[PDB]
Structures are given as structure tokens and as C-alpha cells.
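Here we have a structure that includes cocaine.
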Amino acid sequence: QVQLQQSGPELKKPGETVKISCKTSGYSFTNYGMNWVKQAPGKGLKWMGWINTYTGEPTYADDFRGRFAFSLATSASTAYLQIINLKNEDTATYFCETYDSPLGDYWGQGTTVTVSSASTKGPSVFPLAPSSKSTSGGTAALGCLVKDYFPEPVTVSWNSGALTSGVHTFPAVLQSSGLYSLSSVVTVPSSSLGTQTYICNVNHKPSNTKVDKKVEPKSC
Amino acid sequence: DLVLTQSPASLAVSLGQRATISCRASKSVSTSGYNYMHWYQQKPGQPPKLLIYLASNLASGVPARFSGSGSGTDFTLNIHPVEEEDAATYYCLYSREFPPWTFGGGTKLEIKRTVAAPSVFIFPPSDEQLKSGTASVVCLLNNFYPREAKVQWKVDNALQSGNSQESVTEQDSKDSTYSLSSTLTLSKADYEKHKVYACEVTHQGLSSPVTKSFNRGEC
Ligand SMILES: COC(=O)[C@H]1[C@@H](OC(=O)c2ccccc2)C[C@@H]2CC[C@H]1N2C
């Protein structure tokens with residue numbers, strides 16, 4: 001029924017400020033208002049506070065005073081969360097939520113915010129070719145190595161979305177260089193390595209990088 | 001002030017069995033006559049989703065296998081039968097018609113299944129990467145249970161160290177298994193110094209360690 005869309009992932013340096021948006025599908029936020037929730041990487045959910053939809057009067061949870069501000073841009077039924085003097089501890093995903101009743105609970109997919117001095121850098125995409133060494137039974141494994149990028153995130157799809165069965169995109173690892181690296185593999189019929197084409201589509205928005213790498217078989 | 005603490009922090013339950021999760025409030029949340037306890041479920045990479053409101057009422061689009069009980073200070077979330085799609089983290093949440101809100105610390109739920117051995121594959125570096133000065137060798141362990149797994153890289157049969165990294169996928173919501181990727185990174189120079197690159201895997205699903213390998217130049 002109702003659905004909240006939030007602004008994309010952000011990369012800011014410490015001391016800076018960031019402003020995230022939350023937009024409803026309805027023409028305005030219900031009578032109950034709106035809530036903001038924080039979730040640091042690998043940690044739990046933490047209520048930040050809420051803002052009244054009519055009075056525009058915001059209320060902040062104890063651990064979120066001073067540096068945070070909720071604002072209503074009713075100008076288009078949109079809400080904003082602002083954080084100033086960004087610290088490392090602010091690195092997290094921020095969720096926006098609103099509800100019209102016990103059965104009407106709507107959440108945004110959250111906005112991932114990363115606080116760091118590191119510079120943005122698109123990834124290089126290397127093929128993980130299928131061959132005798134990546135085959136077992138009638139199944140052949142193949143993939144793409146998305147190496148040396150910053151910050152998160154990267155999304156990977158196969159054959160523009162056509163291939164999704166048996167796809168495994170692993171969580172990115174942080175290398176000693178401070179740059180991330182990730183791999184995406186898929187298992188596809190061994191024989192269908194002569195009848196089909198395989199391409200991974202990598203998208204790294206933070207650097208506006210889009211790559212399409214066709215993964216071809218290797219004989220050895 | 002109000003604090004909610006959940007028990008346990010983690011829980012592994014066999015597919016088809018009963019999962020019981022608890023939440024205790026620092027003080028009663030039933031004084032008005034209503035039970036202000038709610039439960040949320042959150043899967044990796046997704047926002048929370050309401051399961052139960054007012055201690056025992058099912059939220060929108062929630063299968064009847066989920067249920068809640070309790071009053072005052074002690075509440076419990078019950079799942080029966082546990083299904084693969086239930087691998088997730090569960091949080092209790094206190095609140096009245098309007099905020100404030102107070103979340104509990106959470107309870108991770110892993111689905112337990114019969115042991116399954118990984119399928120092992122290995123990938124030699126690509127020509128274009130080698131061309132840029134580095135060499136990454138990847139080892140893939142596909143669809144296994146339990147999560148515990150050990151991967152050892154050997155170059156010309158010499159156990160490597162400090163030059164490899166790995167990441168394990170989240171438990172599959174369909175078949176409850178895991179997949180793991182290990183990357184051995186080396187300089188083009190170093191790589192061309194050796195000939196045999198191997199990945200050795202040990203998992204309680206294998207009778208004895210499995211090894212996958214290739215010879216630089218063979219592929
Ligand atoms: C009506 O309030 C709600 O919808 C709240 C909650 O319900 C109540 O607190 C409540 C109180 C009195 C009567 C009915 C529901 C269910 C979930 C969790 C917080 C919020 N909602 C998203």
C-alpha cells in the first residue's frame with residue numbers, strides 16, 4: 001500500500017554534515033508522524049527519535065541530542081534527517097519509518113552512511129573463468145572479481161538480471177590497502193558453456209562506474 | 001527508564017522444530033491493561049518487519065507459525081515449525097500508540113540442518129589482472145553446512161599466511177547452507193616464481209580434506 005523511498009548511500013569525511021531524505025508513496029505522512037532508526041554495521045536497531053507530521057515538532061532520543069535534526073519539507077511530503085560534525089560512530093544505515101495503525105507499518109530501505117577520509121575509487125572487474133578446475137559433475141562455476149573499490153556498496157547482476165539462480169555474491173572484504181574487494185559467482189550447467197553467454201554487470205554508484213565483463217571458458 | 005534485554009543472543013534450531021525467544025523489560029509494560037510489547041524480524045540487507053503487536057496479535061502478512069505471549073515484564077516470541085526462510089534476527093520493541101521506542105538487543109536465529117559437504121572450485125588469475133601487476137587466486141566453497149570451515153592455500157605445497165582473505169555468505173533462506181570465498185593475492189612477480197597453486201578444504205562433511213589446484217601456465 002504505502003512505501004517510503006530514501007536517498008542513496010553517502011560518503012562523508014569526519015566533521016562534515018550529511019542530509020538524507022525519506023519520501024512516502026501516499027500524499028503525506030499519517031497522523032502518527034515519522035520515526036528514524038539507526039543501525040551500525042553488524043549491530044542492533046536503535047531508535048533515534050520522531051517528528052510530528054503536523055506540528056513539525058521533533059523529539060530526540062537521549063543518545064541523539066545536539067548533532068541531529070529532523071525536518072519536515074511538507075513542500076512534497078518529504079522528511080529529512082541531518083547529522084552535523086560527522087564522527088566514525090555515525091557510520092551506519094539510517095532507516096525511516098511511519099505507521100497509520102497496528103497493521104499499517106511502513107519502512108524505508110535505509111540510507112547507508114559512511115564516515116571516512118578515504119577517497120572514492122571505482123573497482124576493476126576481473127573474470128573468474130570456468131574450466132576443468134571449477135567443474136564438478138555437470139555443474140560449472142564461474143564469476144567476477146570486483147577488486148579495489150571504495151566506499152561500499154557495489155551491486156552485481158548476471159546477464160542483465162536474466163540469470164539469478166545459483167548466484168552467490170559474497171560480502172566485500174576490506175583489504176590492508178583500505179580498499180574493498182568482492183566476488184560474485186554462479187553455477188551453471190557445464191554443457192551450457194557452449195550454448196550460452198555469461199556477463200556480470202557491476203555497478204558502483206559512488207564513483208558512477210558501470211562495467212560489463214563477459215566471462216568466457218578456459219581450456220587449460 | 002526502560003530497558004529491554006533479550007534471551008538468548010543467538011539460537012540454532014533444527015528445521016521443523018520450535019524456536020523460543022525471550023524479552024524482559026526493566027519494568028512492567030502492562031500497567032494500563034494492554035501489553036505494550038511488539039516483535040520485529042529482520043533479514044540481512046533488509047529493513048525490519050513487524051511480526052506481532054501488543055504481545056500476541058499477528059501483524060500484516062505474518063504466517064500463523066509465529067506467536068507471542070506474556071505480560072508485565074516477561075514476553076516470548078514463538079516460531080513453530082521453524083522454516084529455512086526464518087533465518088534472521090529478531091528484536092522486541094516497546095512502545096505505545098506513539099513513541100518513544102525502545103528496542104531490545106536482538107536474537108540471531110540460525111537454521112540447523114543435516115551436514116552437507118561443500119563443492120570446491122578454484123580460479124587462476126585472469127590475464128588482464130596479471131597484466132596490471134597483481135595476481136588473485138580464488139577458491140570457492142559452495143553450499144555447505146555447518147558454517148565452520150577451514151581453507152588453506154599452498155603454493156608449491158607451502159602453507160601461505162597473512163596473504164589471503166575470505167567472506168562467508170549469509171545462511172541461504174532457501175536451503176539453509178553457506179558458501180565461502182577465499183582470495184589469495186600475490187604480486188605478478190611472486191606469482192610467476194611458483195608453479196603449483198592449491199586450495200585445501202576441511203569441513204566436517206568431508207571424510208578427509210579436499211584439494212583443488214592448477215599449475216601456473218597450465219590454464
Ligand atoms: C498504533 O501504534 C502502532 O502502530 C505501534 C504499535 O502498536 C501499539 O503500540 C498499540 C497501542 C495501543 C493500541 C494498539 C496498538 C505496533 C507497531 C510497533 C510501534 C507501532 N507500530 C509500528
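Chain A is the first sequence line, chain B the second, and so forth, proteins listed ahead of strands; every chain is numbered from 1. For the numbers below, each heavy atom of this structure counts, side chains included, while hydrogens, waters and symmetry mates do not. For this deposited structure, the header notes the method as X-ray crystallography, 2.3 Å. All ligand and atom numbering here is 1-based and tracks the order in the structure.
The macromolecule with the greatest number of heavy-atom pairs within 4.5 Å of cocaine (ligand 1) is, in the PDB entry, named chimera of IG kappa chain: human constant region and mouse variable region. Other chains making heavy-atom contacts shorter than 4.0 Å with cocaine (ligand 1): A, B. In this structure, the binding site of cocaine (ligand 1) at 4.0 Å (heavy atoms) is formed by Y32(A), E97(A), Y99(A), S101(A), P102(A), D105(A), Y36(B), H38(B), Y40(B), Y53(B), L54(B), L93(B), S95(B), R96(B), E97(B), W101(B). Checked by distance only, cocaine (ligand 1) and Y36(B) stay at 3.5 Å or farther apart across all their nitrogen or oxygen atoms. Name assigned to chain A in the entry: chimera of IG gamma-1 chain: human constant region and mouse variable region. When only interatomic distances are considered, the shortest N/O to N/O separation between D105(A) and cocaine (ligand 1) does not fall below 3.5 Å. Taking every non-hydrogen atom of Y40(B) and a distance limit under 4.0 Å, the qualifying atoms of cocaine (ligand 1) come out as 18 (C), 22 (C). Listed by atom number, the atoms of cocaine (ligand 1) under 4.0 Å from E97(A) heavy atoms are 22 (C).
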